[PDB]
Amino acid sequence: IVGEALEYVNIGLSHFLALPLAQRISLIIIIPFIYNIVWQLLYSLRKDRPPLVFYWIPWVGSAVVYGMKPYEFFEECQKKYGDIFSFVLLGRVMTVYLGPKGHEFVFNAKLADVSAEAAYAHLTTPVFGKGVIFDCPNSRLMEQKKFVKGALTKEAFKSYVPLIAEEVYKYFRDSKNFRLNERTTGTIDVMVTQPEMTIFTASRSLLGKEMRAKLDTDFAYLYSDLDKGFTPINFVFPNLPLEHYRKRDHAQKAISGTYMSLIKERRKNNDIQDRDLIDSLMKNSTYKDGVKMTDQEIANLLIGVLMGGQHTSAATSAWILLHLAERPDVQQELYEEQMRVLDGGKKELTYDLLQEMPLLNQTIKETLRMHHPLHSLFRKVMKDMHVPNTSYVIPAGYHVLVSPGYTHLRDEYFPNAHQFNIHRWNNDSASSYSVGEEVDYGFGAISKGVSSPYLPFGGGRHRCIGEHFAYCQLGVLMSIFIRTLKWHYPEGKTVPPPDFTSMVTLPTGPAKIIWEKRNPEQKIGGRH
Ligand SMILES: CC[C@@H]([C@H](C)O)n1ncn(-c2ccc(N3CCN(c4ccc(OC[C@@H]5CO[C@@](Cn6cncn6)(c6ccc(F)cc6F)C5)cc4)CC3)cc2)c1=O
Ligand code: HEM
């Protein structure tokens, strides 16, 4: 008889429940630890699954090392399993596909196969507000990107360039970090100066003079509040009853409220021109089904667009300054270009003249290669995906992770990849371009192929639409920096390592540089 054993299960269950609440808790710990380790070992037997990176702590997965040095993580994984592999991240299984084929597999994936908004909505909806970007169907996103692109035209850029220049000179004149009319040399932290320069120039151009004027008041503090709410933690803890989160939410309401105030006032004046992104969205934000964006959605879309461009651009100009700080040879070469194109500084900078500064654009290009702001782009897998030329199947509920920034740093695709060399882009200074066929997902014709090893602006339906705005802003900014100042490192200092745990791969601060005026007696005019 074995029925005596079935009794003994029951008995065992009872004897278990009467263990001391000390031993019983550790069992509550030690059991999932063992099952996890067992499940992985069984998972490796499955060959329609990409290799899974081993980990001890359940749920947490490889979060720590991935968070701290994702490119070094990816390299070790790549050496062991090749380009396709999975790892556990805070409850989620990420399947990484490295290299150009990975770009193709994720960026060009079927709309039915993956979802970005499913990956990203928690990160962004709390910050931007409802109804826009990733809080709406992909088809709504496609048209929003079309609306915003409508204020990012060549003629807009011609009008923005002098507005941006004015803000940069204003910042050199009035900021305590510079004060060039009073000081001929000084030390700055680029992680302090660049976010300020960035929001000032982006506000003035995209949002207009009134909105820029508000950053000169206490209202600036709300931007700082909202800004602090744009962080990776939102991936895990989007909302939780703390101080941090209420300021953020308050800020969102307060800032969207201000844009709406301006919007409603411009319409109640028939004062709707072609100045800024606000005018533009007012005139052009009706979807194809005839539904119009609400004033709230318009305001929210403004916040999203300003916030995203804030962090990518601010990090990029910081890195540019940092790399040039140890390359007086490159500052020198850039200065010669400025003198040539602007006739010794006589000519006023314009959008057309910016396009005749290939070395400057190449410098932005090379900084975006060495410092892709977003080291990992995500999609949630919605339908089972088979990985071509493999037996691999990525089951729904997984996430795919693509990382062009990792490929940016591979010697195979960029010789001496960890060397800053703007001349690798000689006669190839364009922000990006297509090597063949194009396609349109609803916001303009863009490259069909996404196989370039250089993809700072992504590709496919979720491709950036800010690239030309960013080059315009970075271009004006760096053209004025170069013409006005030389700079270098404090003794024994050099380019800092990136902080891969922040929203963007900004430098680990404080990252200080020492500036000095090229023309000590040059004064910046205007009232203050
Ligand atoms: C827990 C213990 C801790 C210890 C120390 O290990 N740890 N362990 C692990 N980690 C860890 C691990 C990983 C990370 N992150 C990985 C994910 N990252 C990330 C960032 C942004 C992303 O943005 C998605 C969209 C794309 O478009 C944007 C952006 N944009 C594009 N153009 C302009 N803006 C956009 C678009 C349109 C708009 F209109 C606006 C927008 F914004 C938003 C996607 C991914 C951040 C870093 C951080 C920390 C830890 O910290
Ligand atoms: C150096 C500057 C920038 C870089 C490197 C950059 C990079 C990117 C990348 C990689 C994506 C695709 C994300 C994904 O596929 O998951 C993206 C998307 C996007 N970016 Fe940018 N970006 C920059 C600046 C800007 C600016 C200045 C704006 C607005 C003025 C902007 C607005 C957008 C928008 C609207 C999307 C679409 C997101 C989607 O369709 O899912 N970006 N950007």
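Residues take their numbers from the sequence shown, with the count starting at 1. For the numbers below, each heavy atom of this structure counts, side chains included, while hydrogens, waters and symmetry mates do not. Each ligand, and each atom within it, is numbered from 1 in the order the structure gives.
The drug located at ligand 1 is named posaconazole.
The largest share of close contacts with posaconazole comes from the chain named in the PDB entry as Lanosterol 14-alpha demethylase. Distance remark: protein heavy atom present below 4.0 angstrom from atom 13 (C) of posaconazole. Among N234, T501, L306, the residue whose heavy atom lies closest to atom 48 (C) of posaconazole is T501. For posaconazole, no covalent bond to a chain is modeled. At a 3.5 angstrom cut-off on N or O pairs, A63 counts as close to posaconazole. The closest approach between any non-hydrogen atom of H375 and posaconazole is below 4.0 Å.
Posaconazole does not have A116 within reach: every non-hydrogen atom of the residue lies 4.0 Å or more from it.
Atom 2 (C) of posaconazole lies below 4.0 Å from none of the non-hydrogen atoms of the protein. Heavy atoms of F378 approach posaconazole to within less than 4.0 angstrom.
The shortest separation from a heavy atom of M307 to posaconazole is not under 4.0 Å, leaving the residue out of contact. Assignment of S376 to the shell around posaconazole is supported, since a heavy atom sits closer than 4.0 Å. For atom 27 (O) of posaconazole, the nearest protein heavy atom lies 4.0 Å or farther away. Taxonomically, the PDB assigns the source of chain A to Saccharomyces cerevisiae (strain YJM789).
At a 4.0 Å heavy-atom cut-off, posaconazole touches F128 through the side chain alone. For atom 35 (C) of posaconazole, the protein comes within 4.0 Å by no heavy atom at all. At 4.0 Å, heavy atom to atom, the residues around posaconazole are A63, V64, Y66, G67, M68, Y120, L123, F128, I133, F230, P232, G304, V305, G308, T312, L374, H375, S376, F378, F500, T501, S502, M503.
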When you check posaconazole against the protein, what N or O pairs turn up below 3.5 Å? List the atom names and distances, or just say none.
{"residue": "posaconazole", "atom": "6 (O)", "partner": "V64", "partner atom": "O", "Å": "3.3"}
{"residue": "posaconazole", "atom": "8 (N)", "partner": "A63", "partner atom": "O", "Å": "3.0"}
{"residue": "posaconazole", "atom": "34 (N)", "partner": "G308", "partner atom": "O", "Å": "3.3"}

